[PDB]
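In this structure, AMG 319 is found bound to Phosphatidylinositol 4,5-bisphosphate 3-kinase catalytic subunit gamma isoform.
Here, residue 1 is the first one in the sequence, and each next residue gets the next number. If you check the header, you will see the structure was determined by X-ray crystallography, 2.7 Å. Counting starts at 1 for both ligands and their atoms, following the listed order.
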Amino acid sequence: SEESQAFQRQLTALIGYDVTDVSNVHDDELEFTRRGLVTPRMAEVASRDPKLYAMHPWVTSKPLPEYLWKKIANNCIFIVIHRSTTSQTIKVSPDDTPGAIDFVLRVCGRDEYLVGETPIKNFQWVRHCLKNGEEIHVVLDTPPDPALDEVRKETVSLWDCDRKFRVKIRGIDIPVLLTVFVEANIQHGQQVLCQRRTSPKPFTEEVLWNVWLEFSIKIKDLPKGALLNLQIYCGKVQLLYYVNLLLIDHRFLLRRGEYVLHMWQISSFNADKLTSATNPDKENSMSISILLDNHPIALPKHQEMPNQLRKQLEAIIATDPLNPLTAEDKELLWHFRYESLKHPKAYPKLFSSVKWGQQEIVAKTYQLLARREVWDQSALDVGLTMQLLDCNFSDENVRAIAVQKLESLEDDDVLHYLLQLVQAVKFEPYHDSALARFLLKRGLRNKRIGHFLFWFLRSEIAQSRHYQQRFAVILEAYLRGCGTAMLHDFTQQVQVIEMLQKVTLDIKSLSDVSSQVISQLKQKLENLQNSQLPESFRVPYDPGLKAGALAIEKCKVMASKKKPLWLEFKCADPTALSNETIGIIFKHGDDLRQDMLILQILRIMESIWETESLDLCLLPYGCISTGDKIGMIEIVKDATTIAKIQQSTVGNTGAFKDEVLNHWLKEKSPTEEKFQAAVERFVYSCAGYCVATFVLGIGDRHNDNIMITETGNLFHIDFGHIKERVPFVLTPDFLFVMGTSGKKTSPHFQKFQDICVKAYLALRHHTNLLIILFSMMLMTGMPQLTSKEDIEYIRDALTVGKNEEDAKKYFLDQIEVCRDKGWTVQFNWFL
Ligand SMILES: C[C@H](Nc1ncnc2[nH]cnc12)c1cc2ccc(F)cc2nc1-c1ccccn1
């Protein structure tokens with residue numbers, strides 16, 4: 001009580017939503033989940049190694065790629081250890097442990113340690129340094145005190161009921177406003193098990209029906225996770241409002257009695273359509289009034305084919321995740337249940353062949369899951385696992401076997417999928433789920449995962465009404481186990497970004513170009529420096545870096561329609577070898593969640609390419625959405641837009657020219673050596689992004705949204721946005737670097753083409769994994785009333801089904817479409 005109340009307030013501020021609030025609930029599920037997440041929290045806290053926890057070595061067991069091997073001769077890497085003033089340099093082999101070479105080796109500039117029983121080759125920092133052509137540097141330091149990571153102390157059976165399910169629609173009530181009807185769907189996954197409508201009435205501000213809607217499905221046939229989905233159409237109709245209610249609640253009980261549900265408006269696959277959350281805006285939202293009536297009813301717990309058929313089944317099984325199953329296929333999968341079970345890849349389809357509205361079939365399915373010996377022993381396929389976690393699956397036991405598989409992921413692989421795994425919580429029927437606990441116990445076991453877990457959850461709590469409650473309960477559970485140092489750390493991070501938000505927002509209210517504002521910005525910054533800015537905060541998109549003093553001199557504001565703040569900070573770590581500022585852009589008016597998702601997919605593309613010894617030098621800069629249309633972005637040093645390079649050597653904004661970009665590169669390359677290093681990095685980076693963006697359907701890019709660094713690294717930006725078209729941006733100037741003009745070939749255009757194809761085929765070897773991630777991004781991140789149309793773009797993009805010849809040839813057509821078109825799309829912007 002004495003501490004519990006100030007502590008829960010610490011938690012409310014950190015979360016930015018009161019988890020102990022019952023203003024907007026009709027049951028106690030949220031609270032039940034708070035209580036329920038205590039066990040797995042306490043287990044993970046109990047079993048975590050204090051030493052490795054506090055230092056969080058960021059390691060991988062991946063093989064050191066072929067391209068990074070070729071950046072070391074005679075098998076000897078150099079690590080320069082720092083005493084105080086002087087620094088000695090030790091020669092080592094990739095295999096050497098940090099033991100091998102009271103103290104602990106910490107990275108200079110960063111809270112990042114080279115510790116534990118892993119070879120230096122396998123540390124991500126060492127792998128990072130090797131990549132960029134940088135040398136490894138560490139300070140002999142005391143291991144940080146584990147003490148600092150201390151944690152504060154803390155019926156009638158359903159299957160004996162043959163009645164048909166029914167629900168009364170008393171009426172709807174809207175304070176401020178055609179005819180209208182209520183449709184009531186019993187859903188499972190996306191599957192509509194059974195549907196009923198009311199008679200149409202006139203759409204007045206209050207509409208009463210008093211009718212029983214009788215469903216064809218029996219109570220015993222209600223599956224756990226079935227949503228009563230209530231929707232309101234008007235009229236050739238149009239969906240105006242929706243709400244959902246779980247028919248079987250957290251305790252397995254059948255949901256009974258009176259409900260006044262506040263509904264959501266509409267602006268069609270969308271995670272938002274699935275939430276059990278009610279609209280909290282009661283004074284405006286549309287309400288529906290229902291009665292579920294029947295004593296409490298509880299769901300129990302569940303204590304050699306023909307050649308052409310097998311082949312027909314092997315075809316079905318092999319098809320892609322977005323390939324529709326006909327009933328004919330469903331019937332075949334289910335009849336051959338046990339054959340289908342021998343193939344982990346058949347699982348998604350197989351469990352999409354189950355009649356979830358039929359209780360004996362569901363029991364047979366669970367008997368099937370009891371026997372998943374092959375599943376259990378198979379190699380982890382994340383593509384296949386993620387499929388089982390999407391909106392097509394609402395059965396806990398099905399979904400649980402996906403999570404079961406995610407357990408074998410090393411901490412490096414979690415980070416790779418964390419955002420998308422945080423987003424897949426939107427598909428869980430219930431607040432407490434095996435997926436939320438996986439996230440939780442994995443966040444609690446590794447500070448790096450823990451860090452981003454916080455921010456990914458906070459991103460959603462701050463802007464999703466459809467899921468802030470759930471995600472909030474989950475984040476609290478993390479916060480109650482992360483440890484005092486992280487709490488304090490988070491408190492610092494939140495305070496800063498809330499101060500910087502103010503200034504960004506306040507300046508945007510004082511607004512295409514600025515005069516009096518440039519010192520009105522610097523006024524407010526100077527204020528915070530000594531008003532309440534902490535001397536150091538952690539960089540949310542890069543937790544290894546603490547930022548400190550503001551470089552007011554360097555801070556500016558874009559001459560844009562959204563006045564983002566360009567901010568710079570001195571690094572708080574005295575032992576940083578450089579004094580490069582830390583560069584954060586703060587922006588309002590774009591939805592940076594969409595950016596988070598594209599940047600993360602890009603990172604996944606890189607690690608795929610890594611497994612085929614392909615580096616394409618992408619630049620997935622950091623980006624965290626922190627609130628309602630607001631967030632932060634990593635400033636990439638020594639970087640300029642392609643647009644501004646054109647507007648400098650050509651000047652006027654009308655025309656364009658080819659030489660300028662190669663000319664700008666030579667000017668930024670001191671020696672010829674580094675100029676050729678750039679044209680190479682440019683061919684790769686151009687390749688990486690041409691492939692990356694064609695697949696994701698975002699290649700047609702205004703070229704003030706493509707940037708290049710002074711070492712020739714091309715990189716796309718500002719993905720939150722999205723006259724004839726172009727599959728991607730490969731403009732005459734890009735081609736001029738590659739020594740080509742109109743129609744020609746060169747030792748670099750042949751390489752670029754070469755690379756693009758390898759890059760492209762390497763993505764297709766993960767057709768499914770990409771199809772699911774893309775599928776999920778759109779549903780959870782791009783509320784664009786996403787259709788089958790939109791999702792099925794990536795299939796065509798990855799030319800599914802085609803052999804590698806036709807695929808190779810397809811992409812080279814695209815390369816040429818761009819050649820043929822030149823400046824047409826770019827010039828067409830200004831009109
Ligand atoms: C468009 C460009 N974008 C980025 N620049 C650097 N790092 C980044 N990371 C993601 N986007 C950028 C940019 C953004 C700005 C935002 C605020 C501001 F005050 C100034 C900005 N300036 C640039 C910019 C434009 C042309 C050349 C260099 N920087």
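- By UniProt annotation, the domain of chain A supplying most contacts to AMG 319 is PI3K/PI4K catalytic.
- Heavy atoms under 4.0 Å from AMG 319 belong to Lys556, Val557, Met558, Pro564, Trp566, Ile585, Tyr621, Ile633, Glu634, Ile635, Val636, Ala639, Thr640, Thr641, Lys644, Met707, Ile717.
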